[PDB]
Amino acid sequence: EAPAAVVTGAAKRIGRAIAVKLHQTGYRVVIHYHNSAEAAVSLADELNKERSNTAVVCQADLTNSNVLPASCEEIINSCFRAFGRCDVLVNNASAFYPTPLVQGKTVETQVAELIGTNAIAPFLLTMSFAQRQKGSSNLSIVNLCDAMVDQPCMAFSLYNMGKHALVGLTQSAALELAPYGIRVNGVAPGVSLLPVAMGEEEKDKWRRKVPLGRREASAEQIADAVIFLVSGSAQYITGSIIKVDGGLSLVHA
Amino acid sequence: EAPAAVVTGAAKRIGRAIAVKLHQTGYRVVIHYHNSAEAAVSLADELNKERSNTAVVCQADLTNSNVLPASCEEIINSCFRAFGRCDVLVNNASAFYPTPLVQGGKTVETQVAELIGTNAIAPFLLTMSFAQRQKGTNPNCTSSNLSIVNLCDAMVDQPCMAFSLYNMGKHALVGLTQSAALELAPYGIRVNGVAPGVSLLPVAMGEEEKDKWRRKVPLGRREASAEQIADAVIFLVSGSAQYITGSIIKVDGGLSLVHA
Amino acid sequence: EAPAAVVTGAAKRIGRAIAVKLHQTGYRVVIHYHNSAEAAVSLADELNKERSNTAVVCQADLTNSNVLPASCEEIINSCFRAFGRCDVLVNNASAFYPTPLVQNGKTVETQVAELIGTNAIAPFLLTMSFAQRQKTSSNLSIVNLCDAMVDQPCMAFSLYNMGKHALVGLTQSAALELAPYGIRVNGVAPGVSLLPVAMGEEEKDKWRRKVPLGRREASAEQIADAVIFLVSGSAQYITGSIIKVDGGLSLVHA
Amino acid sequence: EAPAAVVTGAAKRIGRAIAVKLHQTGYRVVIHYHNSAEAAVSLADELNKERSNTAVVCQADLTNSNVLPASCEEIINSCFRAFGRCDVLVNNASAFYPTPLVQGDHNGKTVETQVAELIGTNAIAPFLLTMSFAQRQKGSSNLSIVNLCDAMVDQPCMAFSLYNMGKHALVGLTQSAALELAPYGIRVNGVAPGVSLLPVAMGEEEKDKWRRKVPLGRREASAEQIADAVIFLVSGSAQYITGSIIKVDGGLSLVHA
Ligand SMILES: NC(=O)c1ccc[n+]([C@@H]2O[C@H](COP(=O)([O-])OP(=O)(O)OC[C@H]3O[C@@H](n4cnc5c(N)ncnc54)[C@H](OP(=O)(O)O)[C@@H]3O)[C@@H](O)[C@H]2O)c1
Ligand SMILES: NC(=O)c1ccc[n+]([C@@H]2O[C@H](COP(=O)([O-])OP(=O)(O)OC[C@H]3O[C@@H](n4cnc5c(N)ncnc54)[C@H](OP(=O)(O)O)[C@@H]3O)[C@@H](O)[C@H]2O)c1
Ligand SMILES: NC(=O)c1ccc[n+]([C@@H]2O[C@H](COP(=O)([O-])OP(=O)(O)OC[C@H]3O[C@@H](n4cnc5c(N)ncnc54)[C@H](OP(=O)(O)O)[C@@H]3O)[C@@H](O)[C@H]2O)c1
Ligand SMILES: NC(=O)c1ccc[n+]([C@@H]2O[C@H](COP(=O)([O-])OP(=O)(O)OC[C@H]3O[C@@H](n4cnc5c(N)ncnc54)[C@H](OP(=O)(O)O)[C@@H]3O)[C@@H](O)[C@H]2O)c1
Ligand SMILES: CN(Cc1cnc2nc(N)nc(N)c2n1)c1ccc(C(=O)N[C@@H](CCC(=O)O)C(=O)O)cc1
Ligand SMILES: CN(Cc1cnc2nc(N)nc(N)c2n1)c1ccc(C(=O)N[C@@H](CCC(=O)O)C(=O)O)cc1
Ligand SMILES: CN(Cc1cnc2nc(N)nc(N)c2n1)c1ccc(C(=O)N[C@@H](CCC(=O)O)C(=O)O)cc1
Ligand SMILES: CN(Cc1cnc2nc(N)nc(N)c2n1)c1ccc(C(=O)N[C@@H](CCC(=O)O)C(=O)O)cc1
Ligand code: NI
Ligand code: NI
């Protein structure tokens, strides 16, 4: 019988590429989304046309709040309701914008969004993932990290704190959930898909920097590393974070 | 004119020892505390005994909440109020307890607020407020020695079982240390960390459990005293570390190097 | 047409498993060996029985010496003479033994030659020679076998540890320098894998216990699995990456 | 009694500033050099004019060879012979030049000479000096080793693989020796410059290119700023510190591509 996966922020871009590749591997998928309702059901439609009743949609804000644990518990619950199991969780959804230290949203909202999406939701989703299993199988969690986590971008401190917290969770959860046969790993893109709204010349500045090919990783290239980690080929791998960055983190100033 | 320093969680233990050594080095200090009012003022009394009006006290919960940015601004303000300047910020205050991922007291969101608030968010807001006050300073046109020192954890990559939120908070602190170091370098504000392995064990910990942790330590088979942690802090704030920023010094007696 | 791979120290254990999985994936293989002649040819015979003319054997000492560069050029040339190409280099051969700092009559300089040569310098020269011969339907890459415990070193293994650290450095330097040629350079870092046969089971179990995921060592095959991912089309953007295959061992404090 | 230190490659630049600061702190010093004889003897003279009988010179090639262990043993011996003790070893001497992985147009040296020089000076010599240092220990004291590492070690410069391998191996040694020598109270630490003193031969525009990369001040570290971290690590304010490598790089290693 088919395994099931939750992918967060799976409506488009890298999240969509992960849901799609997991689907092609034979997973049924919960496509989580926040604001991209149309893209999410459009994705689910295609996947369901491929194989009937193998994709459901689930919407949630993953900003930190007192109700976030409930939302995260529900996200996991939706996978079991639809599919009777939950074998894989991919923590992909992520708020991303600058927060300059020296001077719209209050700083506490930015805290809740940036740290919530990048670290607290992954933590809570991990708790619920594990709780639902215990209290053959190839259970694992993949966290979407950042290969530049130690060469941060200017004025992105909260985002960077969130990705760093995600490294800690990946390692803490790997260690703690190993007795249950739940493996916990990361995939760390460097420059992948640039923002839809980024000007082309700004995109080119980033591409130029990549030693391997002078270009960004495609969403499929990121998804490949994810499906390796969920596979039987990675049965012994846990607490490992795989850079998919084309050498970018190795390039000095 | 003597420089001034803010030290969070400075009433006891490592924070206290940092405050004492900064004061002995010539700093005026803001002693921040949460619950330890008695210890905070008795420290201030002692420092003020040595040099009149060189130690002041400041109370604040550093748990994340919608009033944290305000609280942290006021902490930095208290240093300018008392001493007319703020040269050094030491982020030492820290909540610390287990938070198991699997279950068989506080809600998990209270734990998040406390653990990531004290260890990461408050340091970040204090860093903002510290830097905002140095906005109109050109490091070329001045002879100051501004820095922040973040109290980290040498075991961040070999974490203790069931301490995931604490660990996330310390990881975020490493991220802030590095991000702030880069972003504030144009202001001549250096941002560094000191990472104890096993230092002062909890007062409530059984003596046999204490000795288990002590035995792990290759250099001397003992915990670091609070003074030895403070030595590294004062090096990092000193003129002999003027080119150091984004560095996290381990003070762990080799502990992080020991395999399972 | 079929790609070709060189695997150093390929007669036994992890190296043999890598050579086998590469061959199963469609690679022709050069099976390098040092002292394990019989094992090397029995492996070569087994793979050639599977598919004719897909396996050859190559003897070489990878200790550092004045002749080492020539040996390494010959190992690479060997793959080209046998198969007309060389798509993959796996640096697997490794000397491994204690060298205490404070006090088998091996001199320390022999220990240096053996431990640094096999783990670092031979990898570096094979990399030179590999790159030199390549100086686009191609997928060229190098995989170096590292050590997940490189920053939590075992007691009295300083030269070995220096060897492995130099290999990390080589992986990163070569990844950057060879990227313009489309040559990707990566690492697989076992923690506890195959234990020495002669080691007491009671000592083996001490190591096994340390491992969170399963309380067991990695099989050679599980290590080989990460190797074949790195060389595959599913890793075309991965260079300078070292993947731990350690079942969480490196995350366990003392 | 005054303590004693050995500093390798101490005739000039960073190694000199370390020898000077250790001398100013009250150490007697062995000034090791390879080619810089005049600068070495000139330093010994300045130090001796300040406090008589507190500085000696010792010449040795630290290229890897079958005689390197003897040479390193000699270097350590020279400290016990002059000063009756050896409290501090500073591994500073370092060969530094590109070794491209791909050749095209044919340099000077053979690749095995380059191996012997680059990894001998940066790694093997430090290892043997560490062996001899710990072996010779006699029996209030503060024994330590400081290794000069490199902050850019995981963001290597183009075509410097052998140099980078040496420096990576030196990290390994720092950590391994920290663990292994801890039971004897010998601490082993590192100082990692990013951009400090630029090569004399380097053109001014190239020098300015490196300087402008540094976030903290847009300048290189002086030799004295590097020596400061060294002297902190050998000091009593660092007695619980072992296996730590402190970056002195003005934030350079934190700058993305
Ligand atoms: N793209 C890159 O070059 C790159 C580089 C480094 C690291 N990464 C990591 O790789 C992963 C995917 O990258 P990406 O560029 O594809 O990410 P992205 O497009 O910026 O974001 C992915 C999804 O996250 C969801 N999200 C944002 N805020 C949310 C919130 N408040 N609550 C719930 N969901 C929220 C959004 O869902 P909706 O659209 O439905 O609202 C969004 O589509 C991320 O974790 C990222 O940090 C990517
Ligand atoms: N001790 C060790 O072995 C060790 C190991 C690794 C890292 N560290 C780091 O070194 C630093 C000092 O360690 P330590 O053991 O001295 O710390 P600690 O005793 O556990 O706590 C330090 C102080 O932090 C303050 N604090 C706690 N929760 C707070 C909150 N909600 N709001 C405001 N302040 C709060 C407390 O102040 P009040 O008493 O006034 O309430 C406390 O006295 C910490 O950052 C720690 O993480 C220590
Ligand atoms: N096994 C583990 O638990 C583990 C853990 C961490 C890292 N690793 C790494 O993974 C790789 C494979 O490990 P392993 O246990 O399979 O290795 P191994 O059995 O110790 O050695 C593999 C081969 O290296 C060859 N070799 C040794 N010295 C040589 C020299 N002088 N010149 C040429 N070849 C030489 C030997 O070839 P011959 O038999 O032909 O003489 C040997 O069969 C190694 O690089 C190792 O460091 C393994
Ligand atoms: N920007 C920087 O300068 C920088 C950056 C990162 C790391 N570092 C590290 O910091 C340390 C000091 O840097 P530096 O620039 O002052 O070094 P350097 O001037 O390039 O070299 C220091 C000394 O090493 C000695 N040496 C070279 N080859 C030798 C050999 N074959 N045998 C014995 N001695 C040999 C030379 O001594 P003689 O002159 O007597 O021949 C030289 O004076 C080095 O380890 C370096 O790698 C420096
Ligand atoms: C590598 N990358 C692509 C990119 C796109 N989406 C992402 N989304 C998430 N959640 N996380 C990522 N790290 C991410 N990265 C980058 C890198 C820098 C900037 C950047 O400098 N952003 C500025 C300026 C962008 C602009 O000029 O358009 C900003 O204010 O957002 C954006 C994307
Ligand atoms: C190294 N150390 C000392 C210690 C003391 N106070 C601190 N305080 C803070 N804020 N941060 C630290 N990391 C810290 N560390 C440790 C290490 C382990 C445990 C620990 O396993 N504690 C268990 C129980 C241990 C027990 O008391 O028996 C707990 O539930 O708190 C406590 C302190
Ligand atoms: C994880 N591992 C397995 C192992 C086997 N072969 C290898 N071979 C190589 N080349 N590299 C390795 N890292 C390696 N590792 C280990 C770990 C420790 C000891 C060990 O403590 N050996 C001591 C003790 C031997 C014993 O007690 O039986 C020795 O003196 O060799 C051996 C193998
Ligand atoms: C940071 N730095 C200064 C410098 C000077 N001496 C040293 N000496 C040693 N032993 N180790 C160092 N790391 C070192 N670094 C650098 C950085 C890059 C180049 C460099 O790109 N060198 C090229 C280009 C020289 C040029 O164009 O002038 C070479 O071929 O040597 C030189 C020095
Ligand atoms: Ni981190
Ligand atoms: Ni290394």
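In what follows, chains carry the letters A, B, and so on, assigned in the order in which the sequence lines appear, proteins first and then strands, with residues in each chain numbered from 1. Computed over heavy atoms, backbone and side chain alike; hydrogens, waters and symmetry mates excluded. Atoms within each ligand, like the ligands themselves, are counted from 1 in listed order.
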Provide the recorded name of the drug at ligand 7.
-> methotrexate
Main partner chain, methotrexate (ligand 7), name from the PDB entry | pteridine reductase
Enumerate the other chains with heavy atoms less than 4.0 Å from methotrexate (ligand 7).
-> C
Identity and separation of the nearest protein heavy atom to atom 28 (O) of methotrexate (ligand 7) | C:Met199 CG, 3.7 Å
Heavy atom of the protein closest to atom 2 (N) of methotrexate (ligand 7) (residue, atom name, distance) = C:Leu195 CD2, 4.0 Å
Before signing off on this row, confirm whether C:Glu203 and methotrexate (ligand 7) have an N or O atom pair separated by under 3.5 Å.
-> yes
For methotrexate (ligand 7), the portion of C:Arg13 having any non-hydrogen atom under 4.0 Å away | side chain
Where does the entry attach methotrexate (ligand 7) by a covalent bond, in terms of residue name, number and atom?
-> none
Would you mind checking which non-hydrogen protein atom is closest to atom 18 (C) of methotrexate (ligand 7), with the distance to 0.1 Å?
-> C:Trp207 CZ2, 3.6 Å
Is the shortest distance from a heavy atom of C:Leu194 to methotrexate (ligand 7) less than 4.0 Å?
-> yes
Please indicate, with yes or no, if any protein heavy atom is found under 4.0 Å from atom 6 (N) of methotrexate (ligand 7)?
-> yes
Is C:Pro98 near methotrexate (ligand 7), meaning one of its heavy atoms is under 4.0 Å from it?
-> yes
How far is atom 22 (N) of methotrexate (ligand 7) from its nearest protein heavy atom, and which residue and atom is that?
-> C:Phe157 CZ, 4.0 Å
Which residue supplies the protein heavy atom nearest to atom 13 (N) of methotrexate (ligand 7), what is that atom called, and how far is it?
-> C:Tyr160 OH, 2.8 Å
Shortest protein contact, atom 12 (C) of methotrexate (ligand 7) (heavy atom only) | C:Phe96 CD1, 3.5 Å
Closest approach of any protein heavy atom to atom 10 (N) of methotrexate (ligand 7), naming residue and atom = C:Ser94 OG, 2.8 Å
Region of C:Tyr97 engaging methotrexate (ligand 7) - heavy atom pairs below 4.0 Å = neither
Nearest-option assignment for atom 1 (C) of methotrexate (ligand 7), heavy atoms, candidates C:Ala95, C:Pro190, C:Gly191 | C:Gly191
